[PDB]
Every structure is written in structure tokens, then in C-alpha cells.
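In this PDB entry you will find PHA-848125.
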Amino acid sequence: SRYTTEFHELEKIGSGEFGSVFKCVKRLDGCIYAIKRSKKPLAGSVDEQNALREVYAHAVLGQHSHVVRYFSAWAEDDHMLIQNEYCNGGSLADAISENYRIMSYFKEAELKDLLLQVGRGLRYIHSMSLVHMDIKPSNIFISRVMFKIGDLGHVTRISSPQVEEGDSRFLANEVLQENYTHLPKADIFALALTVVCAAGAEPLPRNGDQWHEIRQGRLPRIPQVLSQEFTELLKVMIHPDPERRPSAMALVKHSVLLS
Ligand SMILES: CNC(=O)c1nn(C)c2c1C(C)(C)Cc1cnc(Nc3ccc(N4CCN(C)CC4)cc3)nc1-2
């Protein structure tokens, strides 16, 4: 077993219908990696479709500060195994849960830092003519601080997009309308709501009235004191017209964020 041979398994850090993710130490270099382990999907399934998007995202993407690094991938015993960078801070979703429990928070500044850092990640992905298509707190990881985009199973081309929608909570209406002419801006829409989650918003609606209200450009209720200036940035990021939303480029260079 390559897995057993090359790595020692330390602890399970993730699980879902997607499979499991394990904290492992690689024997050769003593370093910690996150190994995603998944049952090999049925041929011609959504699962195989998902799986394929991730393989070829790696093939195209190089290393980047704000994208979870991919090291290798292989298969054995009808399972697919992917060796990733380990982020010792866990996910932004875990962090928000902890805040909601311990009763700390992300200061307005820390929210600006998160937007900019994930913004930098997107700028890079978009520059390689790809889109992530599932930005949300659980797909943003933390290394201790650095924020990094993970889970590339929804990644597709800007030009010839094969679109499996991400989480309905973070989804731009135009994508639901089968409009794929400006996919990068769906990532921007989705980042904005991710930040609003970090800022302590009540859980985001999955559909119904409040879902629609948001896609009219209406921000969820925040529990804290944010400047009108940062507010408008977050607001225009969920503008119903995707062309009015900042590109990742315009984002990373925006006056409010820097720095
Ligand atoms: C579809 N699954 C994933 O993409 C995925 N899920 N996780 C949990 C990770 C991934 C990646 C993107 C494939 C790689 C990765 C890289 N690092 C972590 N780090 C991490 C560290 C600690 C924790 N936890 C702290 C809070 N807990 C007690 C649960 C473990 C969770 C994740 N997680 C992951």
C-alpha cells in the first residue's frame, strides 16, 4: 500500500459523502500533509465528473500562496488518494463556529484581510482561465495567518465551462439562470457572502424569500459595526449585474482593502 508505505496516518480531519481527509506525516521528509481518500466513483457519474475537474485543475494550476497546494494523486483498492498541503488552522467554517461558541470575533480589519487574501487566490485562478465555483467558508483553510482556497472539485474553464453548481447558499442567480458568460464574477459574489459569514451573519438562506432578496444586492444582517465604505464594497460584490461586480483584479487593488 503506497498510502501505508509512504505515510503514517495521524488523525481524521475531514469526512462527508466526498470520502475522508487524514492528517498524515510523510515518512521520507517528516512533513505533515492532508490526504483526501475517496471511493473511486462510478464511471459516468457526477462524482467522477467532480473528481476529473480536480485532477486537471492541478495539471494547470501551479503553486500559490492562497491556494491549497497539491503534491500528488494516485489510486489503489478502488480508492482515489490525493496528497495536499495541511493547513493547521482548519477551515474558515470551523473558525466561525468557534467564534459563535467562545464568543470572540473577526475584527473589521481581519475581515478586510480575509477578503484580500482570498481575493489574491481568485485573481490567480482566474488568470489561468479557470473559475473555482464553490467558494464558501468550508473551502477556505487557515495556516498559522494565511488564507487558502481548497476543494477544486467544482473548478471549470472560463471559456468552455462544465458547470456543477456550488452550494445554493453562495450561488449567484445568473449561474442558476444558466448564464455562464461571466463565471469569475460568481466567485466574487460567493466570496462576499463568505466574508459576511465571517462577520457573524445568521445562517444564509438556501432558498425562499430571503435567498432572492440577497441576489437583488441586499446584504444579510450583520451583528457588528462595519464602516459604510466596506459595506458598499461588499454590496457591489453581490450586485445583480455580474458586470458591475469587481474582478479579482480590481478587488486586490481596491483602496478599502490595502492593507
Ligand atoms: C472535500 N474535502 C476537502 O477538500 C478538504 N477537507 N479538509 C478538511 C481539507 C480538505 C483539503 C482542501 C483537501 C485539504 C486540507 C488541508 N488542511 C486541512 N486542515 C485541517 C486542520 C484541522 C481541522 N480540524 C480542526 C477542528 N477539528 C477538531 C476538526 C479537525 C480541519 C482541517 N483540511 C483540509
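This chain uses plain numbering: 1 for the first residue, then up along the sequence. Only heavy atoms go into these numbers, but all of them, side chains included; no hydrogens, no water, no symmetry mates. Ligands are counted one by one from 1 in listed order, and the atoms in each one are counted from 1 as well.
What binds PHA-848125 most in this entry is, by the naming of the PDB entry, Wee1-like protein kinase. Among the UniProt active-site residues of chain A, the one closest to PHA-848125 by heavy-atom distance, rounded to 1 Å, is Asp134, 8 Å. Looking at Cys87 next to PHA-848125, an N or O pair under 3.5 Å apart turns up.
Counting residues of chain A in contact with PHA-848125, the top UniProt domain is Protein kinase. For chain A, a heavy atom less than 4.0 Å from PHA-848125 occurs in the following UniProt Mg(2+)-binding residues: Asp151.
Contact annotation for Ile13 and PHA-848125: heavy atoms of both the backbone and the side chain come within less than 4.0 Å of the ligand. Under 4.0 Å from PHA-848125, heavy atoms of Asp151 appear from its side chain as well as its backbone. In chain A, the residues that UniProt lists as binding ATP and that have a heavy atom under 4.0 Å from PHA-848125 are these: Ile13, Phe18, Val21, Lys36. Closer than 4.0 Å to atom 25 (C) of PHA-848125 lies none of the heavy atoms of the protein. Counting protein heavy atoms only, atom 16 (C) of PHA-848125 is closest to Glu85 O, 3.1 Å. The entry attributes the source of chain A to Homo sapiens. By chain and number, the binding site of PHA-848125 (heavy atoms under 4.0 Å) reads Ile13, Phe18, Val21, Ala34, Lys36, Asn84, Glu85, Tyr86, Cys87, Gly90, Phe141, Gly150, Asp151.
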